[PDB]
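Putative gentamicin methyltransferase, liganded with bekanamycin.
Numbering starts at 1 and runs along the sequence shown. Note that these values count all heavy atoms, side chains included, but never hydrogens, waters or copies made by symmetry. Each ligand, and each atom within it, is numbered from 1 in the order the structure gives.
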Amino acid sequence: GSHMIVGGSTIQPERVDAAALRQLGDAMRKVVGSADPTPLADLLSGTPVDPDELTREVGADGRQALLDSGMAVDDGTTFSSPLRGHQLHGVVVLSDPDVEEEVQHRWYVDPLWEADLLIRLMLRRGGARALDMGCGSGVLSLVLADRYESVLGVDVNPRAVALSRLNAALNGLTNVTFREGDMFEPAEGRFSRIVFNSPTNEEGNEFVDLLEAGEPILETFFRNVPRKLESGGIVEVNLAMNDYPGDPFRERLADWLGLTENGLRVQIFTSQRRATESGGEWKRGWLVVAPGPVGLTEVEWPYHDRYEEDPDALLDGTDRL
Ligand SMILES: NC[C@H]1O[C@H](O[C@H]2[C@H](O)[C@@H](O[C@H]3O[C@H](CO)[C@@H](O)[C@H](N)[C@H]3O)[C@H](N)C[C@@H]2N)[C@H](N)[C@@H](O)[C@@H]1O
Ligand SMILES: Nc1ncnc2c1ncn2[C@@H]1O[C@H](CSCC[C@H](N)C(=O)O)[C@@H](O)[C@H]1O
């Protein structure tokens, strides 16, 4: 048909018993991320697999649970999966494979481009109630679930809600809730923790799709953050920022947050930057709202480079700062 097919597959965990899902999840903990792929690990890496082999490893029920949830598809001979398995930070996560923009369905889910990294940037603290805006595959929500009494994930992509729910089910996590909706609209009450791996990269002000929504989505997030955040609470945001001549991002951010009016402390840790036509600058960085002296600070923290060199060096970094 048309070429934008990756990310349109039907995902339906509610079609399977939660016990079957937690068993499949247990099979996945054994083999996903381990070299010399078993049948199940190779299925979750995108290779066609004989169901005979797959059956010996997860059972006949496990084999049906893969088909009924949509984790696998029966060609005729073999089984294939439209998703990819990951195992990190104590959790097992499925998501779409990493592929080029041009073959991305409008419901394509973040293939975990920065999730492992952002999880290492996250303050290791815990508390009452966490929110994960744009939760995608649910990966950030599943991690936070370990140190928060409850976690709410929100995404406007109904495929990502289904996938998030599947992944929670695979890990047998019971304190995680996902809702479909537009930004804060289904997030009732306040939160002691808010995390946002934002849909922003090189699109500037332009809305391109659900993964690159333009600066307007950041303005909405940050304008509404003060009424969503508990006193003493913590916001963390992965984002792309654009500085234009006489028009720096950090100032637009201050207005959105009502920085002085709300008494907020905001630090931006900038990791990558490149000059643009307009004479201004593109940045990628990590923004944290946390308690302390009212104001906005910006530092250079090349955490993308230090990640390539030694990932565990990033643990408790924002705490040290
Ligand atoms: N190497 C090939 C890949 O290159 C691009 O991948 C980008 C990611 O997009 C970007 O992720 C960030 O930008 C997304 C929007 O682009 C946001 O939604 C997301 N929250 C945010 O973390 C990473 N930082 C860097 C990576 N090079 C393409 N997009 C992708 O199709 C392609 O396979
Ligand atoms: N208006 C909106 N309301 C809620 N989520 C939105 C949104 N617009 C885009 N998003 C979501 O924001 C997510 C950004 S990608 C990050 C996904 C996941 N948290 C991870 O780290 O891997 C996407 O899933 C996208 O669907």
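Counting repeats, the structure shows bekanamycin at ligand 1.
Close contacts between bekanamycin and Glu212 involve ligand atoms 15 (C), 16 (O) [criterion: under 4.0 Å to a heavy atom].
Counting protein heavy atoms under 4.0 angstrom from atom 8 (C) of bekanamycin gives one or more. Of the listed residues (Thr200, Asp98, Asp110), the one carrying the non-hydrogen atom nearest atom 3 (C) of bekanamycin is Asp98. Taking 4.0 Å as the limit, the other ligands and ions near bekanamycin are ligand 2 (S-adenosyl-L-homocysteine). A heavy-atom separation below 4.0 Å is not found between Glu202 and bekanamycin. In this structure, atom 1 (N) of bekanamycin is not in close contact with the protein, since no protein heavy atom lies within 4.0 Å of it. Atoms of bekanamycin found under 4.0 Å from any heavy atom of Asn238, numbered from 1 in the order shown, are 22 (O).
Nearest protein heavy-atom contact of atom 17 (C) of bekanamycin is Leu211 O, 3.5 Å. For atom 30 (C) of bekanamycin, the nearest non-hydrogen atom of the protein is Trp113 CZ2, 3.6 Å. Annotation for bekanamycin: atoms under 4.0 Å from non-hydrogen atoms of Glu101 are 28 (C), 29 (N), 31 (O). In the entry, the organism recorded for chain A is Micromonospora echinospora. Less than 4.0 angstrom separates atom 22 (O) of bekanamycin from at least one non-hydrogen atom of the protein.
For atom 31 (O) of bekanamycin, the closest non-hydrogen atom of the protein is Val99 O, 2.8 Å.
Taking only nitrogen or oxygen atoms, main chain and side chain alike, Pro199 does not reach within less than 3.5 Å of bekanamycin.
Note on bekanamycin: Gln104 sits in its first shell, one or more heavy atoms being nearer than 4.0 Å. Atom 27 (N) of bekanamycin lies below 4.0 Å from none of the non-hydrogen atoms of the protein.
With a heavy-atom cut-off of 4.0 Å, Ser198 touches bekanamycin through its backbone alone.
At the top of the distance list for atom 24 (N) of bekanamycin, counting protein heavy atoms only, stands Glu114 OE2, 2.8 Å. Counting heavy atoms under 4.0 Å, the binding site of bekanamycin comprises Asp98, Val99, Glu101, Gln104, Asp110, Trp113, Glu114, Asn197, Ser198, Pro199, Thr200, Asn201, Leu211, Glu212, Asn238, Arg284.
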Enumerate the pairs of nitrogen or oxygen atoms, one from bekanamycin and one from the protein, separated by less than 3.5 angstrom; state names and distance to 0.1 Å.
| from | atom 1 | to | atom 2 | distance (Å) |
| --- | --- | --- | --- | --- |
| bekanamycin | 16 (O) | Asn201 | ND2 | 3.4 |
| bekanamycin | 18 (O) | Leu211 | O | 2.8 |
| bekanamycin | 20 (N) | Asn197 | OD1 | 2.7 |
| bekanamycin | 20 (N) | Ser198 | O | 2.8 |
| bekanamycin | 22 (O) | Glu114 | OE2 | 2.5 |
| bekanamycin | 22 (O) | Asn197 | OD1 | 3.3 |
| bekanamycin | 22 (O) | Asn238 | ND2 | 3.3 |
| bekanamycin | 24 (N) | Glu114 | OE2 | 2.8 |
| bekanamycin | 29 (N) | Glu101 | OE1 | 3.3 |
| bekanamycin | 29 (N) | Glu101 | OE2 | 2.9 |
| bekanamycin | 31 (O) | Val99 | O | 2.8 |
| bekanamycin | 31 (O) | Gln104 | NE2 | 3.2 |
| bekanamycin | 33 (O) | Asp98 | OD1 | 2.8 |
| bekanamycin | 33 (O) | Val99 | O | 3.2 |

